[PDB]
Structure formats: structure tokens, C-alpha cells
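Depicted below, silmitasertib in association with Glycogen synthase kinase-3 beta.
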Amino acid sequence: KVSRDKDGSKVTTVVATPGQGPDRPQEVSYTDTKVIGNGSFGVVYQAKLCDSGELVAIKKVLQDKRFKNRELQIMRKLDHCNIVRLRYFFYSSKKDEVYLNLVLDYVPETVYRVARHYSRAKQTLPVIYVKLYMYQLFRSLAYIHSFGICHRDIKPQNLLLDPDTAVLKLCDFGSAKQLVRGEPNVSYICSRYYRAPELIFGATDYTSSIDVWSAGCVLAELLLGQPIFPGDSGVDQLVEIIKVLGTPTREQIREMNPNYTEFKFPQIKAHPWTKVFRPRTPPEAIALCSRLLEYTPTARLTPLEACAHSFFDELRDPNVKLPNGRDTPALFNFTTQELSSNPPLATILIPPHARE
Ligand SMILES: O=C(O)c1ccc2c(c1)nc(Nc1cccc(Cl)c1)c1ccncc12
């Protein structure tokens, strides 16, 4: 690194490799560096790029140079406008230790912080924001699932937001992995409340539909004003699930983890979904929640099928505007890659007033 002091302000200069494009490192300078987060894996800083002036996030993470970094491999491959961009990366130094640094988009808000304000004010988030945020999350999932990549930690904190533009960036791919059928996967990924039933059961043969379950939990949380399946333990989470979905059937238990077929379960009958939410809740939203929070993983909607759900129809009306008067983000510029899982769905996703 190189530390200048233009007008006393500390300036860092590093030869950083761009994320996308060809492997051609560049001299990059930034200042105004301050810590804005700490995780189990490292610290995340905020900084100002010394030329463009734009704000960025820098994620410092220790790198044992023995193996490649899985997060870096996935982040360089991804390029989607609902996923936090990897602008650059570089290495630095604690002693005799190498650190990998990821320079990413700075995004000022998160879904968690927006939902908590409304919750503290005893206020419900307007459904237009629920449609906007949910749609962009599912679109980001449809894009990464097309590549076989499972995020595995979908949670409201991980959904960044620009409140002016209403644009959602999915972030933290440190738990993401390309899921190969037949090969086993660690079962202790995903955070509380948003863990799929198969993950609570410790299943190692799970699929990308666990991201769809977590998304259904985030949708239900936005409608309810609080997490739908809370609990400090697996039993507590499972009971809150069983109180809604009813007790799982023998076949459904075999679709998550057969190794849990003979165990004893709380024997509660299915509470009808309409009685789970507030009375003025849109029925199309309740319908979508029911199609994502299904016991059998193969029965859950795909992210692309979710984007085409009737709940998001208001996003396709030509007259839709943001509450603050601006235009909605670009919700229809689907690449054929995004539509890989089902291209015929494009007749619904891309509306007649958005073609050429
Ligand atoms: O990992 C990424 O991909 C990733 C990507 C972007 C951000 C991030 C993590 N973490 C942020 N901050 C943050 C907030 C709380 C805890 C922690 Cl550890 C970090 C942050 C802030 C503003 N804009 C973008 C980001």
C-alpha cells in the first residue's frame, strides 16, 4: 500500500485488480476510511474513491494463501444490477498474514433497518415497497441460481437498499456455494428465523430452494412487522413453523431428511394462512407466501416463477411510480441467462410496454 497525506487527509494507494473484465491491475486511491462493520470473518470499511469521488465498501478478510478464495471466485463471475458489485480486489497485511480486500458498492440502507423503523413506529411498510424489494431479491436469486449458486444466508440485513432509487443489492456471498447434486454440503449455513426446515433437520443434500424459503420468511416478516418463525433454538423455530404449516406429513419429512421420519413432532393442524396476517393484507401476497413456505423443497416456487407471481403485477403497470415521485428501477431488462430456468415466462415478466 502507499499512504499519502493530501491536505493532511490520509490517502491510500493500492495496485488493485478489477473484479470484472480482464486481469489488469490498476493504481487506485481512496481516502475517508472508517470502519462500518465487523463480522466473524473480518472488518468492512467505508471509503471515498480519490478520483470518481464515489463511496465504496472495503471488506478485509484473512486469506490463507493455501487455497483459492471461494467468495472471490463467485464474486468475479457475478454481474447483476441487484447484486452488490465487486469493483476491485487486492491483498495487504496480522503479522506474516495476508489479507484479501474486496472493494464493493457502497449502499446506504438495508431492508432490516427499514423494517425496524416501521416496526418501532407501529407502522407497516407500504406494499409497494414490499413488492419492490421482494421482486429484486427474487430476481437476484434467479440470476445466481441459473449458475447453480446458492447464497445460503438470505436475511434482511444482507439486502442493501438505496432509499431514493429503491434499488436492492444482495450482499455477503461468504456463505455462497455452487451446489452440485450428489455432493454433500455443510448444513449449518443460513441465519436464525430464515433457516429452511431441511436445514434445521441438519440435511446435507439440500438444494437452492433453501434461498426461496428464506425469501418467503423475509416477505412474511415485511407483511407481519416481525419474524414469522422466531426462536433461539431449532425446537422453538420448528414449533412456530408447525403452528402455521401444520405438522409435516411422513412424505414431507422424507423430502427434507428421511433420518427424521420416526421422531415425535408437535401434532398441530394447519392454521389457514389468511389468519396469519393482518386483515387488510393483500390476498395475492398471502398466496405468494404460501407458495414459498412449503415443507417439500421441490414444491417451492423458483425465483423466476416468484417474479411472475400475481403479487408483483402492480410493478408491471405502466403508471407505477415510486412514492417519492421517481420512476421505479429497471425491472424488465432480463438477460436470457436470467431466464434460463424458464424462458417462456418472459411473456409475463417483460410487459408489452417494455419491449421494442
Ligand atoms: O460482504 C459483502 O458482500 C458486503 C457488501 C457490501 C456491504 C457490506 C458487505 N457490508 C456493509 N456494512 C456492514 C454492516 C454491518 C456489518 C458488516 Cl460486517 C458490514 C456495507 C455497507 C454499505 N454498503 C455496502 C456494504
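Throughout, residue positions are numbered sequentially from 1 according to the sequence presented. Start at 1 and go down the list; that is how both ligands and their atoms are numbered. When reading the values below, keep in mind they use all heavy atoms of this one structure, side chains included, and skip hydrogens, waters and symmetry mates.
For chain A, the UniProt active-site residue nearest to silmitasertib, measured heavy atom to heavy atom and given to 1 Å, is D153, 9 Å. Within chain A, UniProt domain annotation places most contacts with silmitasertib in Protein kinase.
When the UniProt ATP-binding residues of chain A are filtered for a heavy atom under 4.0 Å from silmitasertib, what remains is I36, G37, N38, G39, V44, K59. Entry annotation: chain A, source organism Homo sapiens. With a non-hydrogen cut-off of 4.0 Å, the residues around silmitasertib amount to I36, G37, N38, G39, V44, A57, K59, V84, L104, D105, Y106, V107, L160, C171, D172.
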